[PDB]
A.B. asks: 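Pulling up (11R,12S)-mefloquine bound to Multidrug resistance protein 1 for a closer look.
Sequence positions, counted from 1, serve as the residue numbers for this chain. When a ligand or atom number is given, it counts from 1 through the structure's own listing order.
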Amino acid sequence: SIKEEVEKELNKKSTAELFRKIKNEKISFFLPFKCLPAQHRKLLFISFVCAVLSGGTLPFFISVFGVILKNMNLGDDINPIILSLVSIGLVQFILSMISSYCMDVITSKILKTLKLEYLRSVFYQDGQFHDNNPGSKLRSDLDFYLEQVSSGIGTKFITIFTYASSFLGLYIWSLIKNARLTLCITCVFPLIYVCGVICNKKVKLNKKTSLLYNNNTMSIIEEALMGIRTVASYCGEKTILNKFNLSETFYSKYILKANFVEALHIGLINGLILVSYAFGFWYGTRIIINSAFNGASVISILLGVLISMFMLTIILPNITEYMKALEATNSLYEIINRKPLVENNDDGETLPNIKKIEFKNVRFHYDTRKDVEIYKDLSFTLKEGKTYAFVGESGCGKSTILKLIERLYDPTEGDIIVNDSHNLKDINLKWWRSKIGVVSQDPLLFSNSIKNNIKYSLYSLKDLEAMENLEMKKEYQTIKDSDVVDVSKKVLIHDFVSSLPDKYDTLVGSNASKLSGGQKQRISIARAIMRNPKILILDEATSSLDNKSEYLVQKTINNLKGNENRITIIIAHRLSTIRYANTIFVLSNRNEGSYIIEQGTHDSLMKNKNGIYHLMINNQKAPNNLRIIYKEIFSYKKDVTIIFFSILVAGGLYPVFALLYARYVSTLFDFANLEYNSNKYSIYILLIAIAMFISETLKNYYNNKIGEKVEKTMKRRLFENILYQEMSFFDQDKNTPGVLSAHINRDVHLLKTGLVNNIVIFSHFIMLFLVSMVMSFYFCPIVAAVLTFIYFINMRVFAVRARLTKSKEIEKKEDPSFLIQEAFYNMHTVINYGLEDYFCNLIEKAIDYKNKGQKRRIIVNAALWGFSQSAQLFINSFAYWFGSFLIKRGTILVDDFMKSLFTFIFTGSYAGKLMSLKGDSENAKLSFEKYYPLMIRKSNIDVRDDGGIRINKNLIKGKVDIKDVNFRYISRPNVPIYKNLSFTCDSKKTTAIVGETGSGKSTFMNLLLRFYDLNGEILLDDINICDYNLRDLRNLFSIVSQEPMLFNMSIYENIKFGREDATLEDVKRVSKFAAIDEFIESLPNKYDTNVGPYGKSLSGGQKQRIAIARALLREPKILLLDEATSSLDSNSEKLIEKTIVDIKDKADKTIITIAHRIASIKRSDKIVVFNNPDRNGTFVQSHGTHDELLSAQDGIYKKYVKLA
Ligand SMILES: O[C@H](c1cc(C(F)(F)F)nc2c(C(F)(F)F)cccc12)[C@@H]1CCCCN1
């Protein structure tokens, strides 16, 4: 979107801001490297030194460059120095390779470790944290941090040192060779950084004010799209567009000012370099002539200084990423360093046996709703060898009971006394959980096999066997299956499993999906049984069973072992499950705390008294698409020629600088008549600078100008088309507001930052390409041919970075992903049993597949990166050798070679610099193809059409006649609504309507304003509605909806909505007649106050009276009311009813109403009611009563006089 882009642009703090931000909080730079062995702590030194060496390369190359040129011009050999490059290049390659390996063996390790540590903390959550940050969010966080640290810690941390070393070569070498020259050169760049700083603020100050005018448009759009119906009826299509257009302009002008300043500064940058070169050569020559020191030594200075100040452009970004990654990890660290509150030691002193588990006034609140206490006087005791039972709903608080028995929530005052001399906190957690069997509402298991799902609890038991006195992987095979076998016959799951083969050898689906729900419950129950359940707890277990499965489970559990000493619980909705019970506790808070209310059994309370249980058992018992765009563009003429000119200049004049540099180099080695040449060339360089500045500036500025004008003219057509569309269009599902605003706010901005930004680049690149390939071959065909062959085959067959990024992205997408996803669903079941079974299993399933792909990826990619760094050296050397080999045998001179070379090189480099500013085009070429039909679609109801009968307000009758209707919504053309409707309203005569609620009453008004065209036969004054030229038809009705809708504009306009030709005095008189101008007169900005969006700064009564006065202004002939006083407070409702009766006293308008206030209905001179006896539709029962037929026959009016 647009807002996100600008927020990203503005919320981009510098390195100084980050430095001051990290200064106070004191993040350790040792933070990412903490879990390292000392092995890696030494290994890291290798890549450190293997970096600094490779960055001490270029100073040598530069200190031999000038001597190559001197040795070449005046006829001598160059062979030794060539070797003194090539060997050096080789060592660079080696070092580069090595460094890669080191990173891709460090990072992964210190990555992987932290993963498990994070994961560990998730399995020591103290219950409440499962509610705080539940599940998937954490995965939406975790992986994010990985991509924020696996892309800011690798090679991009070390390269800077190389560059630093390179800096720390060049300048100081240039400093020892000479002093004054490089100072007089470098004096200028501070004046560049100054301009950059000064221009950034002038960008931002306009950028924000551009946003102050945007969001207003968004509000205008959405606020209008919700209020489509009132806008349609009241004819405010035009006034909105004025607001929209008046808002666009401020935005456009500000953003264009910003773009202008930006292009200006960029041009200045492309200008100053040339003045730098010129003054450099001039001053150097002058001090040579004053000397009587070589000239070649000058050449090696300049480039070096320049390239030095290139490195500062490219160092700084990488740093930020590292720092970014750094703070990211800090977050995760304080997540591992949390302090859960129910953490274990497996060391709490446990007892021999269980007796006297007592409770006293459980007082506990939810963590969020601290001001909502849950239980008040819950107290009881649970002695060994006793059964119990409970009944309730699924939100009363039994979840907290289960969490208390399980030690997940720790109540404040309620005690957990057990055995009368020990606390559950003194007692071990895991010994407590070892002897517990629970089966929740839904069964929850894992996806390996049935027997191993069962043996998980057994593993949890063997843990206690081996811990208090790595055997775990061995003893688990000691556990057998026959227990599961002879208990599987008891739960009657032998036929389903015997049917298909592979009884338990089969692997069951995700969360054991292949079983039925009841069968998964059978297996969960068998698990609970096999784990020595000292207590069995069901949590709405039978809430989703048919009768047979529940009864079989009941027979299974009622006579189950350990009945001498256990606490069996059976919770459910139906009560027959507790037809037998030794004790039943029931509670309620009948609103700040519950407590036990009743006790008893089934028979001794079903027919004993009229308590709660008795009441419950008694009651319940393509081409042209874009050619359109190109047409709209080339209609512009003044701003196409100028971009064309500046393109030609900036393209076909930069290569000239290459040969100009060459012609200076040659004459720099001829001591005679050297001054005149120096002048004659330096001046030309100045002129080139002057031209390039202007050309680039105007290029960028008019580019942005054109894009802006296109967007402005585009949104207008789209919005002005979509506004007038019909209503059934909006009735569709996929015709949503949000999608449409998204189109308007995204696709067009892509259309600017897409097409027009990409076409210019292609034009400029192609121009430079053609001029160079036409220029070089004229001087030296052989060299240019071979060079083009080399770069072609290199970049299109040995494309190193492309293949590298392919490897990175195809690897970044990535079965531990299956297990890790499976875990966070069955969090409950791992808390039931098994914490470190998977802590170690995931490590294995990761490392088994890590290394084999790791070796191939690293051994392939490190060499690619190494060769990527050490190519241009070899190319330049090969070029010089081939050149001299031709020169000495005398086939081509030196100057043609020099010229062709420099042209080719500088143009290639600059085109590489320039291509990295493109934008997205495919998505923009696709969006247009998507939303083009909407800005052309035919509405089928257009007010703009003026072909029909004209009507004048002076001669309106107000008679209506209807015969029959069978209407069917488009949401469901399967069940009709209206059937055989017919009635009348003669003239200035009330007609009150009352029907069954939801009987389609408030759809009839849609038929009148043609919101839904059409079986059905209307007659207004004995002509059908469809030939009245509806432009006028919506200027004499008026509506008072169930809810009004106020717009962000002030009162004076909303009340003037529709009719601008409305003086303030009309507003005053119609307000006093509306009985409203008493609160408004007593406030500043009387007819000027700005309400909020949707009038959220207002009441209901004032809103309604305003909505009514907005209708009264037109003096509409046929008023249409519908239920305007539903649920208002006393005084406003009173004033409103007063105004209604005041209006209805005057029989000057044919009023229609829908109300249920019999005191006002009786005055109605007509009654017509709509019944819906059976679900077929609606039709009339009574007619022509008008209070003369009070209760004479069976109907609904008799009801609405006695019922109502
Ligand atoms: O063309 C220049 C360039 C320089 C140098 C350096 F001077 F460091 F050896 N190496 C470049 C490389 C290289 F592969 F690192 F050699 C590729 C492309 C451009 C390079 C860059 C790219 C934009 C124009 C000025 N800096």
A.B. asks: What is the full set of ligands or chains that belong to (11R,12S)-mefloquine?
C.D. replies: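 The relevant parts are ligand 1.
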A.B. asks: Let me ask it plainly: counting UniProt's transmembrane segments of chain A from the N terminus, which have a heavy atom under 4.0 Å from (11R,12S)-mefloquine?
C.D. replies: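 UniProt TM segments close enough by heavy atom: 6, 11, 12.
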A.B. asks: What source organism does the PDB entry list for chain A?
C.D. replies: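 Per the PDB, the source organism is Plasmodium falciparum (isolate 3D7).
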